[PDB]
Undergrad: 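Below you will find the structure I want to go over with you.
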Amino acid sequence: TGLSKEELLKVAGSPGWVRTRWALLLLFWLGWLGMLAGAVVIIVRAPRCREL
Amino acid sequence: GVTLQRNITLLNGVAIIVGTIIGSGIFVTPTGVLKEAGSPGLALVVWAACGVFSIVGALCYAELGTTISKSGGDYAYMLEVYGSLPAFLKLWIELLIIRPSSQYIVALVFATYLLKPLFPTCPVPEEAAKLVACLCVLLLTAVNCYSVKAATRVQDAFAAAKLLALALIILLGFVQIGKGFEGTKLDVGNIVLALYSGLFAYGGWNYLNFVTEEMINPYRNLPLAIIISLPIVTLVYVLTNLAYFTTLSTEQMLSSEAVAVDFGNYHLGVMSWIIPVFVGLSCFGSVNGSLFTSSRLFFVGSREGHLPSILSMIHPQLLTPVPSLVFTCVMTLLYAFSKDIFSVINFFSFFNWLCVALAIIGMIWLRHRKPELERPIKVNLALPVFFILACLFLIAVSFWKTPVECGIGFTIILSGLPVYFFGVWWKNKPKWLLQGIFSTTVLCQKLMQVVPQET
Ligand SMILES: Nc1cc(COc2c(Cl)cc(C[C@H](N)C(=O)O)cc2Cl)c2oc(-c3ccccc3)nc2c1
Ligand SMILES: CC(C)CCC[C@@H](C)[C@H]1CC[C@H]2[C@@H]3CC=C4C[C@@H](O)CC[C@]4(C)[C@H]3CC[C@]12C
Ligand SMILES: CC(C)CCC[C@@H](C)[C@H]1CC[C@H]2[C@@H]3CC=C4C[C@@H](O)CC[C@]4(C)[C@H]3CC[C@]12C
């Protein structure tokens, strides 16, 4: 096991950790939007293939 | 205070099973049954046949999951019979290979078919296909962190997209009849490979059992969600096959690598692109259903002590098992590196049917050992024994198809024995491991604000 419910939540509300979790959530979605921008770049910047 | 709450209503329970059965399979797998049947008649019969077999199996899980209400599904039913080690050897293979490879493969099918109408005549660019697979897996592990009501509303929407797509296919088939048996591979050694290659398209029917514990009313809704779905699937499959045979000749289906797309090209002309996109959105639903369900398997495995304790923790304000989801996403993305992928799943042809056979053998032994345990469902013992006997034959067929590859799979199962002895039998005794385990656990609890569930 690890920390109790109350034992965790009295520490996890500290401003450093609250801003850390906000930063990781922002960084994740920024990284996913960046990966979508990358995927769309590759779909545009590729050879639209030979017509029958 | 903190637990996984009972969010899944009956129609969402039907969504979790129909969404993960219908899969990619029916839009690309018909070719595999014609290859071993030769004849549209024999093909359309084995489609019905492995349908009624699948109903018979699911009726045993409709029993089991009312006798044992644990969300471990196929794993919990082993743990409650064969005990600690046999259940772990399952969970190891599910964790390491089967669930993350399955999730990745069907995400890559989502990526390729959703892009396909930009590239009709040629490959979809591979460096794009692997991103559009990863964006899907990352998105659905975000959605299934945010709310089980969001997760199940997503699968309602995509389960609907799938059945709508098959209704459109069936309708155009009847329209082609409105506009106005053959040479059969009658060898039993051909027929058995036809049947065994068709059963793949029904694979998924057990997946509801891994969320038994989150049903609003499991003792009613868990058997009803099976009987409301597998007969519906079986009908839609025989009708969808019928629809293809109105339009594609045997030679064309034996030699086309995306059967639904050819049927799309013949009927919809300028609008043909609709069917590729529906195969895509169809697979997105199957990634979601798998990620959802899969997160509960590892959760349960950690609650029963087989797996590191972080995966049991829940996020108190959202009531989703955030570390189990995060683990499942990462383990899916680690398959993105592999230059080939279907092979690693083909190594375990036998494994799915083996675990099912062991679960229902378990249900026989459980009836002898404890008749006093409560049973809202009590199926005639003929069906379990029929279904077991049939699976023990298909497990042998699975080896006989490729006696090398099922041996490689069986070799990887034994990789579970090192991990079980190190992770369970050794009691983690060295203090430089034990203190580091704890330090990493309390870090993760802090880092994503998660806490143990309350009995
Ligand atoms: N042991 C095992 C277990 C499962 C999980 O159960 C299944 C599921 Cl979840 C879906 C399908 C295919 C589905 N019925 C479809 O129509 O595409 C088959 C099985 Cl055995 C596997 O999935 C797959 C799989 C799924 C998609 C693409 C390629 C392979 N291999 C599996 C091996
Ligand atoms: C996020 C996950 C779930 C799905 C990602 C799919 C993305 C990569 C796909 C879906 C539809 C696609 C667009 C559809 C049509 C066009 C027009 C064409 O002239 C260039 C590419 C472009 C602009 C595509 C870019 C990539 C695109 C946005
Ligand atoms: C905590 C550690 C294990 C990292 C967790 C995130 C990992 C599994 C994920 C996050 C984003 C992912 C990458 C996203 C995009 C691509 C480009 C693709 O063409 C090849 C794979 C690759 C390079 C992925 C590999 C796996 C990846 C690096």
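Residue numbers begin at 1 in each chain, while the letters A, B, ... track the order of the sequences. Whatever order the structure lists them in is the order used to number ligands and atoms, beginning at 1. What you see below is based on every heavy atom in this structure, not just the backbone, and it leaves out hydrogens, waters and symmetry mates.
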Undergrad: At ligand 1, which of maxacalcitol, crenolanib, nanvuranlat, simvastatin is present?
TA: nanvuranlat
Undergrad: List the chief contact partner of nanvuranlat in this entry, with the name from UniProt.
TA: Large neutral amino acids transporter small subunit 1
Undergrad: Which other chains make heavy-atom contacts with nanvuranlat shorter than 4.0 Å?
TA: B
Undergrad: Of the transmembrane segments of chain B in UniProt, numbered from the N terminus, which have a heavy atom nearer than 4.0 Å to nanvuranlat?
TA: 1, 3, 6, 7, 10
Undergrad: For chain B, which organism does the PDB list?
TA: Homo sapiens
